[PDB]
Amino acid sequence: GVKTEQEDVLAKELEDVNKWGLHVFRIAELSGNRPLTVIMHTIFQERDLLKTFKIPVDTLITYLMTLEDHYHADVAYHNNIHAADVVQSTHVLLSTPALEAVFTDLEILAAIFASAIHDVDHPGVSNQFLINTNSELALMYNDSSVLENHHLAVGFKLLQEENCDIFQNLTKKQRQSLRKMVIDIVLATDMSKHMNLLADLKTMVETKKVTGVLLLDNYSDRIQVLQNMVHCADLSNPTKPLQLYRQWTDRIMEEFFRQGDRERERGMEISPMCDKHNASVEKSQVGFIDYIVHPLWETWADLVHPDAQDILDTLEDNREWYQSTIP
Ligand SMILES: O=C(Nc1c(Cl)cncc1Cl)c1ccc(OC(F)F)c(OCC2CC2)c1
Ligand SMILES: [Mg+2]
Ligand SMILES: [Zn+2]
């Protein structure tokens, strides 16, 4: 009936579940490579989601382990650690003061569930790669948001495995709403949707409205914020403590170079940033931050001002670090 010493240390690390910069890689080691399962379980208990939606605990664990098992261990970035990270980051974003009591339980569930499934069964190669190779996935999804469409399909499909339907007790109305929201969120993680998403986020900041919390009248405005929330979580690596950010950069570059190597092998053109022979890891991170991450997080910071200042400060500090690294 006693915890193991490894479990106790895990439980201790998990006390930082509400904090930006949780040691997510340590949780991966301590949990025996089950970071997604343990972080989801904590978050669900913390937010009382098991009682609210009447999810049996064993069904939730079974679904979680199954979901985690369909992230590929041999993929350096897009794996169960990334998933766990986006879930936990989204969880922190949800608790921001400017969003207190804004979202319903079902919406919270949609944002967390969508974060958990958002890259499931990622093969470690891009949409374009899949399209240019005439992959089956590209054929099934008509070359449109191939991976993201696949992530959703697998995420819902896994509910049908043995004792895995964690939404068995929701009404049809609840399930239809959950589903639509989760599809909207995950399909918005395609980077080809980035500019639209940001444009709409800016439009929302300019027309912003409070009562001392944010006001959101319509589905359109509510889902837009949730889409941007999870997309911010997906692009949150450079806003984390440098120790963590540096590990994420190693891993994304490893994944990119592998795709690059496979692309060279096959005489294909080598996708941006995927040539290990002509890479600028530091320059690219700076470009990434100035053109994508900073404009998004700044706009997010404004929406929730002042709540996101420390996050923005770290992003800016990490940007100077990578800047000073440039040969
Ligand atoms: O693509 C990303 N994310 C991603 C998302 Cl959010 C959605 N869809 C696809 C991808 Cl690859 C992504 C995530 C992390 C990165 O670096 C660091 F933070 F680890 C990174 O660097 C760019 C690289 C060219 C300089 C890119
Ligand atoms: Mg993705
Ligand atoms: Zn992702």
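We number chain A the way the PDB entry does; in order, the residues shown are 249-459, 462-577. Below, all heavy atoms of this structure are taken into account, side chains as well, without hydrogens, waters or symmetry copies. Just so you know, ligand 1 is whichever comes first in the structure, and atom 1 is the first atom listed for that ligand.
Per PDB records, the drug at ligand 1 is named roflumilast. Structurally, the greatest contact with roflumilast is made by what UniProt calls 3',5'-cyclic-AMP phosphodiesterase 4D.
The region of chain A touching roflumilast is mostly the UniProt domain PDEase.
Within the 4.0 Å heavy-atom criterion, both parts of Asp484, backbone and side chain, lie near roflumilast. Under 4.0 Å from roflumilast, the heavy atoms of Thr437 that appear belong solely to its backbone. Nearest UniProt active-site residue of chain A to roflumilast, heavy-atom distance to 1 Å: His326, 4 Å.
Those other ligands and ions that come closer than 4.0 Å to roflumilast are ligand 2 (magnesium ion).
Using a 4.0 Å cutoff on heavy atoms, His326 counts as a contact of roflumilast. For roflumilast, the atoms closer than 4.0 angstrom to any heavy atom of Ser534 are 25 (C).
Those atoms of roflumilast with a heavy atom of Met439 less than 4.0 angstrom away are 5 (C), 7 (C), 8 (N), 9 (C). Taking the UniProt AMP-binding residues of chain A and keeping those with a non-hydrogen atom under 4.0 Å from roflumilast leaves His326, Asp484, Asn487, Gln535, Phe538.
At 4.0 Å, heavy atom to atom, the residues around roflumilast are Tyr325, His326, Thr437, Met439, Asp484, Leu485, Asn487, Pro488, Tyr495, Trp498, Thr499, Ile502, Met523, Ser534, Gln535, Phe538.
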